Number of protein chains: 2
Amino acid sequence: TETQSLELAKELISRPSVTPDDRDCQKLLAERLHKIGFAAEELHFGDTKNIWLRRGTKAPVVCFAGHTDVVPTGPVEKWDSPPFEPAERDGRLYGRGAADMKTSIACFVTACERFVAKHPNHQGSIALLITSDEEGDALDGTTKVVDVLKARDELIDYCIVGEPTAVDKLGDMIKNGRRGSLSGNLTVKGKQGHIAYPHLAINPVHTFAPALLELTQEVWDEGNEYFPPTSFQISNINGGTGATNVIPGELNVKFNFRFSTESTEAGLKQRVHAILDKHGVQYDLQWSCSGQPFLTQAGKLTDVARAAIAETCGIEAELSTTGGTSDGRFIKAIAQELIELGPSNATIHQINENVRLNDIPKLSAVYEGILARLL
Amino acid sequence: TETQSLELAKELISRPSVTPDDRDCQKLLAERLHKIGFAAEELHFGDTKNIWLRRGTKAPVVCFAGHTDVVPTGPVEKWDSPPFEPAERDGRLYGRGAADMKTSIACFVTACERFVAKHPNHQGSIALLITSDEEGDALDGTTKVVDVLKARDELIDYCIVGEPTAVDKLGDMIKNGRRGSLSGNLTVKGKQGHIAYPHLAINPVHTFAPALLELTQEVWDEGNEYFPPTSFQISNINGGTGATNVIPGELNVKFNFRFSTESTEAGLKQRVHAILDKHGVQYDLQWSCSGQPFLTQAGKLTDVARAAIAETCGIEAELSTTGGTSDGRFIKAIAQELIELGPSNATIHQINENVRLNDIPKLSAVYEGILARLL
Ligand SMILES: C[C@H](CS)C(=O)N1CCC[C@H]1C(=O)O
Ligand SMILES: C[C@H](CS)C(=O)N1CCC[C@H]1C(=O)O
Ligand SMILES: [Zn+2]
Ligand SMILES: [Zn+2]
Ligand SMILES: [Zn+2]
Ligand SMILES: [Zn+2]
């Protein structure tokens with residue numbers, strides 16, 4: 001039906017907002033929604049731009065959240081059409097950010113427009129929480145805006161993060177949470193020496209081997225109705241001097257857990273240390289946690305999104321926690337219920353990123369359906 | 001007693017014959033031994049210098065073998081006295097090559113001088129096989145000279161390689177053979193992907209882990225009266241893109257066997273392949289063999305060196321095959337019996353390399369003792 005969502009998505013995709021630059025996407029959003037009574041609050045931090053746009057002063061507060069930054073395109077000539085000149089081809093819209101996640105943003109802005117026109121006196125409030133750094137280190141984006149909101153007791157009842165969540169067809173999957181991510185940087189200590197005198201050296205690959213095996217065979221947990229089993233995966237392993245006749249004196253290993261609520265950050269660290277210690281490994285281990293798992297169990301928000309998807313798309317949406325993470329991990333601190341909902345994530349962060357054209361007005365009509373069922 | 005060995009060792013150590021340069025060490029040897037009837041045959045190949053010096057035309061042929069090249073010194077200011085200005089200090093002679101292996105060469109040249117003076121009409125022949133590349137890739141040194149000798153049926157009955165073999169005191173250890181060295185370069189194949197979708201990737205660290213453990217726990221053989229058990233050791237392991245949220249698509253591992261005659265090159269390769277295949281690992285594996293094990297069992301030559309050491313040094317020498325390897329692995333093809341015998345190897349290839357001064361005339365008197373018992 002409407003082509004306003006498509007037209008706005010094109011205009012957004014045409015701006016090369018590679019992290020953390022915004023290229024005035026947030027200005028364009030702010031000025032457009034100002035016309036139907038969204039107040040704009042700019043929250044810049046370091047080189048990152050953020051905005052909190054809000055219509056209304058009372059509960060329930062429904063927030064759309066998302067990012068105007070996009071990942072680099074890589075060599076442009078490898079693309080079939082230029083990444084920042086959105087093109088319609090074979091029933092798809094192609095461009096960097098077409099899926100992740102400018103089309104969602106456009107769809108939400110138009111849903112707000114249609115909803116407010118139909119229901120000028122609706123109850124509650126509608127807000128957008130938009131960052132120009134989700135894709136980078138994200139130290140100065142959403143997480144800083146959330147802290148500001150929380151410090152002034154400006155809380156959210158329902159949040160929809162517009163990340164692409166579909167497997168294939170729009171609405172087939174929504175996310176009601178994500179795994180936490182806990183990473184370790186392990187340095188196993190041995191003693192370097194000539195390879196032909198192994199009794200005078202300590203080979204850190206050999207001392208690590210029995211622990212490595214136990215770690216990669218370990219069952220961390222069962223998962224549950226909402227989460228898959230916690231996952232351990234080694235990303236990098238490096239040891240040696242490059243000489244083929246030397247035993248190295250240390251070995252570096254980097255690993256990560258994507259963990260469910262069935263396990264805790266402290267529990268996992270303890271188990272790793274205990275595995276390494278059981279096998280007599282000598283090491284340094286530095287940990288870093290980029291996020292705790294978060295979960296909105298079945299409730300009004302999940303029911304509403306499901307009903308909206310059933311009405312617009314004709315399919316039964318699956319709730320999921322799989323994949324990576326998003327800025328929902330920050331926003332959940334101030335949102336009582338939060339989900340993520342957007343188009344297919346199949347082509348994100350890749351050349352020839354795209355979204356099906358027929359999915360664009362459908363997405364907006366889903367978001368408009370949600371607003372109508374909550375407000 | 002005599003100080004001729006010391007004086008010649010100094011003169012040799014003063015020439016900076018870093019591989020494959022000889023700095024005229026071989027000329028100095030050739031001209032000096034020419035005076036007592038050694039004929040000199042220069043055998044240059046590529047950038048390496050070699051010489052075969054020989055007195056006599058009949059069996060038994062006793063050969064001293066060794067190298068005039070030395071390893072780099074590293075930053076000179078870290079040395080206590082300059083590496084190519086031999087110094088006497090605290091009862092030691094210090095300099096690059098003092099132990100490995102110019103002092104041996106000097107000691108042998110003086111032993112020849114004293115032996116020929118005492119026994120001008122001795123039977124048999126005395127030869128020196130000297131290279132300026134043992135320490136490097138050694139493609140153009142001893143191995144090419146041996147091929148020349150073998151092609152003209154010029155064989156050796158008894159060979160003494162002047163490598164430093166002592167643990168501490170001169171004569172405490174002689175080598176009657178060495179382990180072979182068989183190296184593998186393994187590339188384990190997986191499939192790269194985002195770490196949070198492990199079921200869509202293949203982690204080559206994880207597929208390798210059970211094989212790694214089995215390899216580092218494997219007992220290859222028992223060893224025997226002459227050899228220690230065969231030894232497997234990983235030298236290098238590298239995999240990953242540097243990103244902590246990516247599963248890598250491959251893993252490189254470099255490993256080495258120092259193997260005894262109880263195992264064969266082909267047998268070891270087979271066992272490795274079978275371990276990797278039992279665990280379903282997918283990989284490429286390139287092998288390289290830099291040497292087969294070699295062994296002179298107890299016989300005239302070992303008995304003679306032992307008796308000479310007992311007479312000169314007053315101790316019972318141990319036969320050994322431990323450590324790295326030497327150019328005996330080439331010369332054994334043309335020498336019926338071969339041993340290695342020299343001073344302490346404790347400080348070889350290190351800063352402040354040295355030899356005990358009292359060991360220098362003793363070494364020469366050992367070599368002279370050997371010549372007298374064989375010729
Ligand atoms: C929310 C992010 C896009 S910014 C996402 O969906 N990712 C990022 C990595 C993989 C993929 C996924 O979770 O499926
Ligand atoms: C024959 C060589 C010196 S060129 C040697 O003894 N090496 C070389 C590496 C270690 C040490 C050893 O075997 O003990
Ligand atoms: Zn993204
Ligand atoms: Zn995104
Ligand atoms: Zn050496
Ligand atoms: Zn040497």
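By convention in this document, chain letters (A, B, ...) are assigned in the order of the sequence lines, proteins followed by strands, and residues within each chain are numbered from 1. Just the heavy atoms: all of them, side chains too, but no hydrogens, waters or symmetry mates, feed the values below. Counting convention: from 1, in listed order, for ligands and their atoms alike. This entry, so its header tells us, was determined using X-ray crystallography, 1.8 Å.
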Of all chains near ligand 1, which one has the greatest contact count, and what is it called in the PDB entry?
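The chain with more contacts than any other is Succinyl-diaminopimelate desuccinylase.
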I'd love to know the name of the drug at ligand 1.
L-captopril
OK, heavy-atom distances under 4.0 Å: which other chains does that catch around L-captopril (ligand 1)?
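Heavy atoms from other chains: A, B.
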Can you check which residues touch L-captopril (ligand 1) if I set the heavy-atom cut-off to 4.0 Å?
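Counting heavy atoms, it is made of A/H67, A/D100, A/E134, A/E135, A/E163, A/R178, A/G323, A/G324, A/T325, A/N345, A/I348, A/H349, B/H194, B/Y197.
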What source species is reported for chain A in this deposit?
Neisseria meningitidis
Under 4.0 Å from a heavy atom of A/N345: which atoms of L-captopril (ligand 1) are those, numbered in the order shown and with their elements?
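Near A/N345, meaning under 4.0 Å from one of its heavy atoms, L-captopril (ligand 1) has 14 (O).
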If you restrict chain A to its UniProt Zn(2+)-binding residues, which of them have any heavy atom nearer than 4.0 Å to L-captopril (ligand 1)?
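Those UniProt residues with a heavy atom under the cut-off: A/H67, A/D100, A/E135, A/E163, A/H349.
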For L-captopril (ligand 1), which atoms, with element, lie under 4.0 Å from some heavy atom of A/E134?
4 (S)
So if I count the atoms of L-captopril (ligand 1) from 1 in the order they appear, which ones are less than 4.0 Å from some heavy atom of A/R178?
1 (C), 13 (O)
Identify the closest protein heavy atom to atom 8 (C) of L-captopril (ligand 1): which residue and atom is it, and at what distance?
A/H349 CE1, 4.0 Å
Atoms in L-captopril (ligand 1) flagged as close to A/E135, the criterion being non-hydrogen separation under 4.0 Å
4 (S)
Nearest protein heavy atom to atom 13 (O) of L-captopril (ligand 1), by residue and atom, and its distance?
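The closest one turns out to be A/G324 N, 2.8 Å.
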May I ask you to list the atoms of L-captopril (ligand 1) that are less than 4.0 angstrom from any heavy atom of A/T325?
1 (C)
A/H67-L-captopril (ligand 1) polar pair, N/O distance under 3.5 Å:
no
Numbering the atoms of L-captopril (ligand 1) from 1, which are under 4.0 Å from a heavy atom of B/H194?
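Contacts of L-captopril (ligand 1) toward B/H194, numbered from 1: 9 (C).
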Can you name the atoms of L-captopril (ligand 1), numbered from 1 with element, that are less than 4.0 Å from a heavy atom of A/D100?
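Per the distance check, 3 (C), 4 (S).
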Please state which protein non-hydrogen atom is closest to atom 6 (O) of L-captopril (ligand 1) and give its distance, to 0.1 Å?
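Closest protein heavy atom to atom 6 (O) of L-captopril (ligand 1): A/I348 CD1, 3.6 Å.
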What residue and atom, counting heavy atoms only, is the protein's closest point to atom 14 (O) of L-captopril (ligand 1), and at what distance?
B/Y197 OH, 2.5 Å
Looking at L-captopril (ligand 1), are there other ligands or ions closer than 4.0 Å?
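I find ligand 3 (zinc ion), ligand 4 (zinc ion).
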Nearest to L-captopril (ligand 1), which UniProt active-site residue of chain A is it, and what is the least heavy-atom distance to 1 Å?
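The UniProt active-site residue closest by heavy-atom distance comes out as A/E134, 3 Å.
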Short N or O contacts of L-captopril (ligand 1) with protein, under 3.5 Å, listed by atom name?
{"unit_1": "L-captopril (ligand 1)", "atom_1": "13 (O)", "unit_2": "A/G324", "atom_2": "N", "d": "2.8"}
{"unit_1": "L-captopril (ligand 1)", "atom_1": "14 (O)", "unit_2": "A/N345", "atom_2": "ND2", "d": "3.3"}
{"unit_1": "L-captopril (ligand 1)", "atom_1": "14 (O)", "unit_2": "B/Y197", "atom_2": "OH", "d": "2.5"}

